[PDB]
Asks: 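Dumping the structure here so I can ask a few things about it.
Quick note: numbers on chain A are straight from the PDB entry, i.e. 23-167, 170-264, 271-429, in order. Hydrogens, waters and symmetry mates are skipped; everything else that's a heavy atom, side chains included, is used. As the structure lists them, so they are numbered: ligands from 1, and atoms in each ligand from 1.
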Amino acid sequence: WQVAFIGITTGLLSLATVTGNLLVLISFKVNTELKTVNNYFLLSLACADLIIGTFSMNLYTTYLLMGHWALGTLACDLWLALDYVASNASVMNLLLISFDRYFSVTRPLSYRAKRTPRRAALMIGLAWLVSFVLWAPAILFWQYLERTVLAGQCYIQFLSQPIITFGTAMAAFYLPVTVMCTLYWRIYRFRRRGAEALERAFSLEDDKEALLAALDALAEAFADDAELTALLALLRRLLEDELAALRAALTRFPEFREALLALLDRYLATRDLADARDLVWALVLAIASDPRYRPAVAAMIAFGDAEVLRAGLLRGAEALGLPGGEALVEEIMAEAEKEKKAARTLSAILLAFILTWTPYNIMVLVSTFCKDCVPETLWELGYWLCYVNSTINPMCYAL
Ligand SMILES: CN1[C@@H]2CC[C@H]1C[C@H](OC(=O)[C@H](CO)c1ccccc1)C2
C-alpha cells in the first residue's frame, strides 16, 4: 500500500521524463530549424534531463522503495556520475543562457556576430566539459584517491561535510541562483526602464524628462557602438555649435535614414517639445529595421510590450514614413513575441529550478544552523522534488 503508492507515481512520471526527452532530441534531427543557438542550449538541457530521468530518477525511487540497493549496487558510481554531470550541465546551462541573454540585451551588437550556430557548439561543449571535469572524473575516480565506493550505499563519496555541502549548495544553487537573480534584476529593471520610458513618451507628450530618460535607456542599450552611443548622447544634449557632426552619425548607416534628417530638422528647427518624441520613435523603428539591431530592441520590447510599445512603434513608423512600415512593425513585434516566449521559458525553468531545488537548499542551510531541524521524510520530498525539475523541462518547451 504505502510502497506501491510512491512507486506508481514515479513510474509514470519517469515515462513522461524520458518520452519528452527522446521526442525533443530526435526533433532536432527531424526539423532542421531547432538547431539554432537559442534552442541549442535546450538540446543540452534535454540530454541532461534524459540522462537523469533514465538513470537517476528510476534508480533513485528503486533505492527509496526497495532498500536492497544500499551498498549492493556497484553501478551507483555511474548513476551518480550521470546524475551530477547532468544536474551541473543544467545549472551551468541555465547560467549560460542567463549570461547569453544579458550580453544579448546589454552588448547586443558585440554578440550579434559572436553568437552563431557554430560558436554555440563551442560554448555548449565548454560548459559540458566544465561540468565533466567537475563531476565525472570526481564522482567516479575520487574513491581511488579507498578503491571501492567509499562507504557508499548509493550516495557520493566526497559530499560528506557540512562545510563542503554548504559550499556546493552555494557554488551550484546559492551563488548561481543569486547571480542569475542579479542578471534578472538588471535585465528586468533595464527592460522596465525602456518600457516605462517608451510609455511615458506615448502616454505623455509634455514631459521632456521622459524623452531624456528614454534616450538614456537607449544609450544604456546601445553602448557598444561609438556611432550609435555618440548619436544618442548628441540627441540628448541637443535638447538638454557642433551639430554638423550629428548628421555624420546619422548618415553612417543610411538605408532609409533619408527621412531621419528631415525629422531631425523638423524637431530641432521648431524648438519642438513633442516632435522629439516622434524623432526618438522613428530612430527606434529605424534601428529595429536593421539586420544587426533587431534582437537588441526586441529584448527591450519583450516585457512592457502589452499595449504601449505596439502603439509607440506604430506611431514611430507613421512618423518615419516608410512605405510598408506596417509589415516591418508586425515582423518586429513577431520577434518581440519570440523574445517574450523565450524569456517566459527562462522564467519558467528558473522558477521550477528554484521551486524544486530551494527546499533541499533551504534544508541544507538549516543543516548547519541547528542541524536537527527537519525530519527524513521532508529531506526525501525535497530530494525527489529536485528531480521533478527534469519532468517539467520538456513540458516547458512544449507550452
Ligand atoms: C543531488 N541531486 C539532487 C537532484 C539533482 C542533484 C542536485 C540537487 O542538489 C543540489 O542542488 C546540489 C548543490 O547543493 C548540486 C549538485 C550538483 C549540481 C548542481 C547542484 C539534489
Asks: Which of atropine, venlafaxine, chlorthalidone is found at ligand 1?
Replies: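 The answer is atropine.
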Asks: Report, by its name in the PDB entry, the chain making the most contacts with atropine.
Replies: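 Most heavy-atom pairs under 4.5 Å are with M1 muscarinic acetylcholine receptor, de novo design protein.
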